[PDB]
Each structure stands twice: as structure tokens, then as C-alpha cells.
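Here chain A follows the PDB entry for its numbers: 1094-1124, 1128-1136, 1144-1215, 1218-1274, 1288-1400, in order, are the residues you see. For this deposited structure, the header notes the method as X-ray crystallography, 2.0 Å. Atoms within a ligand are numbered from 1 in the order they appear, just like the ligands themselves. In what follows, every heavy atom counts, from backbone to side chain, and hydrogens, waters and symmetry copies are set aside.
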Amino acid sequence: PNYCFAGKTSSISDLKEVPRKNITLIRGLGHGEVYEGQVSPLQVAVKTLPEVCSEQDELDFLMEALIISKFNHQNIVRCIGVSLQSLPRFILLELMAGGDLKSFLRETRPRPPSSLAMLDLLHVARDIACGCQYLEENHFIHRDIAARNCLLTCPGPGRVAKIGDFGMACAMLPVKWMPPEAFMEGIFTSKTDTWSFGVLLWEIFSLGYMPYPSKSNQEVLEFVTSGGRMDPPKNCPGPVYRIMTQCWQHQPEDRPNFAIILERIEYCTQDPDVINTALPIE
Ligand SMILES: COc1cc(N2CCC(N3CCN(C)CC3)CC2)ccc1Nc1ncc(Cl)c(Nc2ccccc2P(C)(C)=O)n1
């Protein structure tokens, strides 16, 4: 299997094979399965392929390794290497100690008080938008920009958010992150990623709520097609909500590219009225 990105073609032979003897598993992290690990010492996350799997599962795994290995950006998770010549097969990734963003948001929600502030949220949004701008500039369509696919380097301040999973690149389709022309026509473009980014913003500023809270997939599809959009998250500043509503323009041509999203995020970050807004206490 071959893979091309940024005008270069790569195959399995170009991946960095790490000797199996140099890899130590430490603990499970979530769902294949992902472990904390060590490479002789580098801390890694280890994505494993079940030994019992289809040929297409094997190929899917290979492709995910080539895709992640060829990216070179600070807001995309690094691939340390692979161990594909012993079973089970491993992909070695940068350990993101802060976890997935969805869990982080849910678990770090202000409770009775200042576990998070608005600037933390804007920094995460900026980081992911920089990641997406890098993809868009390199003509890569992610297809599943969502909080569950983003990771944080560390729990505390100085955390950096990064795009972590590239699995997507009917009942399993992430309808709630997809614009009309994607779920209706199966047309994907970089404006597809813009729409999803809008939904991720909502996830961020809601502190990890499921989009379109009470609606099923079909309800969302009919709602969104008819021009329905989500309400602002609780205490969401107007300038932030305006970015969401621009990302959710019906016409792909009317949605901003990531360079523009980034500028608008940076303007929000500069506005004292935005960053002095208190997050809701649950
Ligand atoms: C310590 O590092 C982690 C911790 C957790 N946590 C988050 C809280 C969770 N909580 C604690 C509190 N408890 C009561 C309920 C559970 C426990 C696990 C999750 C993930 C990583 N790291 C990590 N790096 C790289 C990758 Cl690449 C990855 N990948 C990854 C790991 C897990 C899920 C999804 C992915 P993705 C996006 C789809 O690749 N994952």
C-alpha cells in the first residue's frame, strides 16, 4: 500500500520500525485499545491492532500509520514509530497526558471554582484551528473534527491541544458534525472541516456536552437541512458564537477558511469582554 501527502509518496518501508524488545506497555487508556508505554526512556501511547482481525482491518491500521507519520505540525500528534513486524501490531504516538478533550472538558468543568477559564478554551480552539489550517493548506480533509478526536499534552496550564485520530480519513456516521452537502451528497471539501470545527467550538464552549442535546441523528439531519442551528452554549460570548454561526453557513462558499477562523479566534482572545466572562459553575 502507497500513500501520498505534500507531494511525496510513502509506503510501509518508510515507517520507523522500533524493535519490539524496546517497547514496554504500562497501562490501558481507552478504546482497538490504546496503552501508555515506554520506548528505551520515551513515554508513548501505543495503539494496538487485535491479532484477530480482517485483512481490511490490517490495511486500515497500516494506512493510519502512514497518514500520521507524514504529518509535521505542532498541533498534530507525532508518530514516534511503529512495531508492525511482531504481533500484535503497534503504532507509537506522542503520549498526550491531558487525555482526550471531550473527557478533559467534562472532568475539568468548574465545580464549587476556577479549574478553567474562557482563555483556556480559546487557546484549545486556536490550537485545533492551527492544526486544521495545516491540513487545509496541504489539501487533507479530516472528515471528523470533534472533541473526542483531540488530545491535550498535559492536564494543567501550558497544555497544547492536538488532532489525534485520523480514522475517518450509516448509523456510525458522525451526522452531528457534518454539513448538509456532506451527509446529503457525500461531497467533502475543506469547507466540510470548517463546519465540523464550528461544532467542535460548541463542544468546547459547552464544556463537553453532546451537540444538539436531545436530538437523534435523523432529527439533527432534518433540523440542520431546514436551517436549524444550535443555540449558544451557557455564558458563551457573542463573538465566539458568531464564529460558530459563520462555520455553519448553509453554502460552503459562505463559510470561512481556517486562516479566517484563526484570525477571529485571535480577536476574541484580545477582547477583555470575552476573556473576563465567567464560565458556568455546575
Ligand atoms: C494519560 O494519557 C491519556 C489519558 C487518557 N485518559 C483520560 C481520562 C480518563 N478518565 C480518568 C477519570 N476516570 C474516572 C474516567 C476515565 C482516563 C484516560 C486518555 C488518553 C491519554 N493519552 C493519549 N495519548 C495519545 C493518544 Cl493517540 C491517545 N489516544 C486515545 C486514547 C483514549 C481514547 C481515545 C484516544 P484517540 C483521540 C481516539 O486516539 N491517548
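The drug name recorded for ligand 1 is brigatinib. Ranked by contacts, the top partner of brigatinib (the one with most) is named in the PDB entry as ALK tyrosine kinase receptor. Using a 4.0 Å heavy-atom cut-off, the binding site of brigatinib is formed by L1122, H1124, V1130, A1148, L1196, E1197, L1198, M1199, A1200, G1202, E1210, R1253, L1256, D1270. Counting per UniProt domain, chain A has the most residues touching brigatinib in Protein kinase. In this structure, atom 36 (P) of brigatinib lies nearest to the protein heavy atom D1270 CB, 4.4 Å. Residue contacts with brigatinib: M1199 is placed with a nitrogen or oxygen under 3.5 Å of a nitrogen or oxygen of the ligand (distance criterion only). The nearest protein atom to atom 8 (C) of brigatinib, hydrogens excluded, is given as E1210 OE1, 4.0 Å; this is a heavy-atom distance. For atom 34 (C) of brigatinib, the closest non-hydrogen atom on the protein side is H1124 O, 4.0 Å.
Counting only non-hydrogen atoms, the residues of chain A annotated by UniProt as ATP-binding that lie closer than 4.0 Å to brigatinib amount to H1124, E1197, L1198, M1199, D1270. Counting only non-hydrogen atoms and rounding to 1 Å, the UniProt active-site residue of chain A nearest brigatinib is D1249, 8 Å. Of all protein heavy atoms, the one closest to atom 30 (C) of brigatinib is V1130 CG2, 4.1 Å.
Ranking protein heavy atoms by distance to atom 32 (C) of brigatinib, first place goes to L1122 O, 3.9 Å. Listed by number with element, the atoms of brigatinib under 4.0 Å from a non-hydrogen atom of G1202 are 3 (C), 4 (C), 5 (C), 19 (C), 20 (C), 21 (C). Residue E1197 has at least one heavy-atom neighbour below 4.0 Å for each of these atoms of brigatinib: 24 (N), 25 (C). Atoms of brigatinib found under 4.0 Å from any heavy atom of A1148 (numbered from 1 in listed order, with element): 24 (N), 25 (C), 26 (C). Each of the following atoms of brigatinib lies closer than 4.0 Å to a heavy atom of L1196: 27 (Cl). Regarding atom 40 (N) of brigatinib, its nearest protein heavy-atom neighbour is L1256 CD2, 3.7 Å. Closer than 4.0 Å to atom 18 (C) of brigatinib lies at least one heavy atom of the protein.
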